[PDB]
Undergrad: 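I came across a structure with rabeprazole and want to understand it better.
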Amino acid sequence: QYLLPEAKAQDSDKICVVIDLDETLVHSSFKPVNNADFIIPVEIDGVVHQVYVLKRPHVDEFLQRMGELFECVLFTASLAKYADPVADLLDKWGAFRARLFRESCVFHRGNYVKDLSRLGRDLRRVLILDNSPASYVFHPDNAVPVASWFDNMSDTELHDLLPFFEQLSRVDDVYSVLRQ
Ligand SMILES: COCCCOc1ccnc(C[S@@](=O)c2nc3ccccc3[nH]2)c1C
Ligand SMILES: [Mg+2]
């Protein structure tokens, strides 16, 4: 059975957007970072290591606005033990109606593929936002490309992507804009 429960009533009419974490919304690292947005302690084989998390610019405006426009789902290749605490801390608005992690990805030809068909949502109303063209090899026509973000604090891509999602949020069939 499908990766998601049935949409709640607030969410059923909306387009479902699958959103990536790392290098899409945040960039985390084991190397200490000086003025970090948050620091997550992560237990790895019994030893706690600090993870230094930087937020991509305009991520707050971005997530609060997508949480309105869409049934937003976090879908990352990372492990819950790291991604859940990052989410609790980023997601100030209850934007993510679900969280999917490494076990929900398909490992295909050495890549973590987000298989939109296991989602349980009509595919004409599913979008995937990911820095990584491989996570959507199976659904290239459901995808909004975004560049990988590491630390460039002049980045404006989340802000610049918003009027396009504003338009997508209203169509009956995303393929009518993307093209399948
Ligand atoms: C001591 O290093 C061993 C790493 C074990 O993996 C873990 C475990 C917990 N947390 C993290 C933090 S995160 O930066 C991260 N992003 C990733 C993207 C792809 C694959 C693994 C990833 N891991 C990682 C990478
Ligand atoms: Mg990524």
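Chain A residue numbers are taken from the PDB entry; in order, the displayed residues are 77-256. For ligands, and for the atoms within them, numbers begin at 1 and follow the listed sequence. All values below were derived from every heavy atom in this structure, side-chain atoms included, with hydrogens, water molecules and symmetry-related copies excluded.
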Undergrad: Which parts of the structure correspond to rabeprazole, copies included?
TA: ligand 1
Undergrad: What is the name, according to UniProt, of the chain making the most contacts with rabeprazole (ligand 1)?
TA: Carboxy-terminal domain RNA polymerase II polypeptide A small phosphatase 1
Undergrad: I need the residues around rabeprazole (ligand 1) for a figure - heavy-atom cut-off 4.0 Å, please.
TA: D98, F106, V118, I120, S154, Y158, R178
Undergrad: For atom 16 (N) of rabeprazole (ligand 1), is there a protein heavy atom at a distance under 4.0 Å?
TA: yes
Undergrad: Among the UniProt-annotated Mg(2+)-binding residues of chain A, which come within 4.0 Å of rabeprazole (ligand 1) by any heavy atom?
TA: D98
Undergrad: Starting from atom 2 (O) of rabeprazole (ligand 1), which protein heavy atom do you reach first, and at what distance in Å?
TA: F106 CE1, 4.0 Å
Undergrad: Give the UniProt active-site residue in chain A with the shortest heavy-atom distance to rabeprazole (ligand 1), rounded to 1 Å.
TA: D98, 4 Å
Undergrad: Identify, for atom 9 (C) of rabeprazole (ligand 1), the protein heavy atom at the shortest distance, and state residue, atom and that distance.
TA: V118 CG1, 3.5 Å
Undergrad: Map the residues of chain A that contact rabeprazole (ligand 1) to UniProt domains and give the domain with the most.
TA: FCP1 homology
Undergrad: Among all protein heavy atoms, pick out the one at the shortest distance from atom 10 (N) of rabeprazole (ligand 1); state its residue, atom name and that distance to 0.1 Å.
TA: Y158 CB, 3.5 Å
Undergrad: To which protein heavy atom is atom 1 (C) of rabeprazole (ligand 1) closest, and what is the distance rounded to 0.1 Å?
TA: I120 CD1, 4.0 Å
Undergrad: Can you report which non-hydrogen protein atom sits closest to atom 21 (C) of rabeprazole (ligand 1), along with the distance?
TA: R178 NH2, 3.0 Å
Undergrad: Which atoms of rabeprazole (ligand 1) sit under 4.0 Å from any heavy atom of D98?
TA: 16 (N)
Undergrad: Does atom 23 (N) of rabeprazole (ligand 1) have any protein heavy atom closer than 4.0 Å?
TA: no
